[PDB]
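Quick look at a structure containing imatinib.
The chain called A is the first sequence line; B is the second; the pattern continues. So for chain A, numbering is the PDB entry's, and the shown residues are 20-64, 77-260, in order. Numbering, chain B: per the PDB entry, residues 20-60, 72-260 in sequence. Counting convention: from 1, in listed order, for ligands and their atoms alike.
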Amino acid sequence: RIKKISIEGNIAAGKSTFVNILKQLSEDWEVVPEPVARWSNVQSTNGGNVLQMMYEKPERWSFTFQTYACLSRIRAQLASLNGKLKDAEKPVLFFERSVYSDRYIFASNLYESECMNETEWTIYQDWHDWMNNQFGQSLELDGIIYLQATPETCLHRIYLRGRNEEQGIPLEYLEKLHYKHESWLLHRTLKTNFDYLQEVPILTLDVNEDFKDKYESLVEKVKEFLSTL
Amino acid sequence: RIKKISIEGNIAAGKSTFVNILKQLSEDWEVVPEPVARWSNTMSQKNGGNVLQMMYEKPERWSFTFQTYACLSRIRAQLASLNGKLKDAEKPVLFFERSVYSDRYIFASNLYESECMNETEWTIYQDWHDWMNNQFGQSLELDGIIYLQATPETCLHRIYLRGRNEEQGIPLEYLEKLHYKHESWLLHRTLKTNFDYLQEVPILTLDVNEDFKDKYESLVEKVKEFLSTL
Ligand SMILES: Cc1ccc(NC(=O)c2ccc(CN3CCN(C)CC3)cc2)cc1Nc1nccc(-c2cccnc2)n1
Ligand SMILES: O=c1ccn([C@@H]2O[C@H](COP(=O)(O)OP(=O)(O)O)[C@@H](O)[C@H]2O)c(=O)[nH]1
Ligand SMILES: O=c1ccn([C@@H]2O[C@H](COP(=O)(O)OP(=O)(O)O)[C@@H](O)[C@H]2O)c(=O)[nH]1
Ligand SMILES: Nc1ccn([C@H]2C[C@H](O)[C@@H](COP(=O)(O)O)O2)c(=O)n1
Ligand SMILES: [Mg+2]
């Protein structure tokens, strides 16, 4: 089977930018991008933007978004496992975010932020729990690449990307998710219902400096982490 | 193997009355109660109550949240029943109080048409339903459907006979809109579904208009009949 690697990080940290660098560095190295486009134009597998609806009235749409987001990821991630990489010697599938960061970082943060009531949040937890243990050892990650950046850098990279929905985001929101990231992957004190995660290796890279051209060091680091996997 | 039959019908038609009768008749006969119907009385049941109270309170906000949890519940209950006591029983039949297809094609459909679910809610629901079902519940495919036919008028009476105070509000107009949905689907079979096999699933239509609580003999004799013909 394929080594499943997850690239984690805050909003605008540099996930797609870095994951594209690695994507290009090898055949049998493939990527599973977060389906942000499906959330942008809700068309069935013209249509509304559920990423916008959530940022505009989070108290109204957080649960509906958080649900479609996770489901769209699950779908995509599975769909890739079946991809050409199946018939390819020594393969590596690089996932842009994971089912673990949807719940324990974003959805968790919204419930805490009072944008999901106890009921909304319980339903989501039971759904995520039940739904995830229906694959077994299928979507289990082999390793995690944490792309570390200040919530300050993120706010600036949000303002470079220039996606309308998120131009309203305050430092405080990024600051909240940052802390959640640090507790999950750096200090590793964020307990999850996924007991295997406890023994999963994490490579933490400080992607604060504009690595777009100065990325050789970052790539040397991934290649070493992957050998040890 | 276990034969899957679903009991379909409008509100207060007599589904829960019939699934109880059938349950008592055979050791080989097991029944799967509607999650909604239960909640119309342990976190899976605690959430149920909460969401159903909000559902009545403001259907414009909780239609998606409800039709979602109520359907995941159904899949979870039915997948659990398949691995139950019937597994090693000589000639087993599993009766389902309403199906995963009625949730979507009658109720969830009606709520999108009521404007209680917007287009974006509706797109996501249809997509969530298409996926959940094609992955997890591919076994929960039906062997047959027993339609419990009753005039919207009959149901309106049996809603009072029931007495659930929230239910006492339900207009005849609402029951008439749901009636025509059932009739188009199961009786005329003009209702188009995303599930291709439902074009050739056998349907026994029973006229539950007369009180069957005490004269259920013939009704069961026609079921016994239908079961052999699968
Ligand atoms: C369980 C429930 C409670 C209330 C409602 N609907 C309403 O209560 C309601 C109220 C007003 C309108 C019309 N009006 C349109 C315009 N907008 C702005 C307001 C509403 C429509 C529906 C649906 C449901 N949904 C539902 N879904 C599945 C099953 C059942 C159900 C209920 C009882 C017994 N058996 C099954 N019920
Ligand atoms: O070294 C870097 C990495 C990222 N970015 C910019 O930061 C924004 C967000 O990047 P990305 O989509 O990769 O972030 P993600 O949210 O996927 O982590 C984009 O405008 C990038 O060009 C940048 O200027 N320099
Ligand atoms: O032959 C019958 C069947 C049902 N009922 C009454 O109909 C009401 C609702 O029945 P049920 O719960 O079976 O309906 P469902 O909503 O499940 O279709 C209850 O008060 C029953 O006692 C009745 O009077 N006679
Ligand atoms: N469960 C999730 C997943 C993603 N997002 C948002 C954050 C971004 O605005 C976008 C995904 O792109 P990014 O790579 O910038 O995080 O969706 C969210 O709020 N909740
Ligand atoms: Mg992105």
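- Within the model, the positions assigned to imatinib, copies included, correspond to ligand 1.
- Per UniProt, the macromolecule making the most contacts with imatinib here is Deoxycytidine kinase.
- With heavy atoms closer than 4.0 Å, the chains neighbouring imatinib read B.
- For chain B and imatinib, the nearest UniProt active-site residue, with heavy-atom distance to 1 Å, is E127(B), 7 Å.
- Organism for chain B, as given in the entry: Homo sapiens.
- My check of the UniProt substrate-binding residues in chain B for heavy atoms under 4.0 Å from imatinib returns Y86(B), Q97(B), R128(B), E197(B).
- In this structure, residues within 4.0 Å of imatinib (heavy atoms) are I30(B), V55(B), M85(B), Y86(B), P89(B), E90(B), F96(B), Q97(B), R128(B), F137(B), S144(B), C146(B), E197(B).
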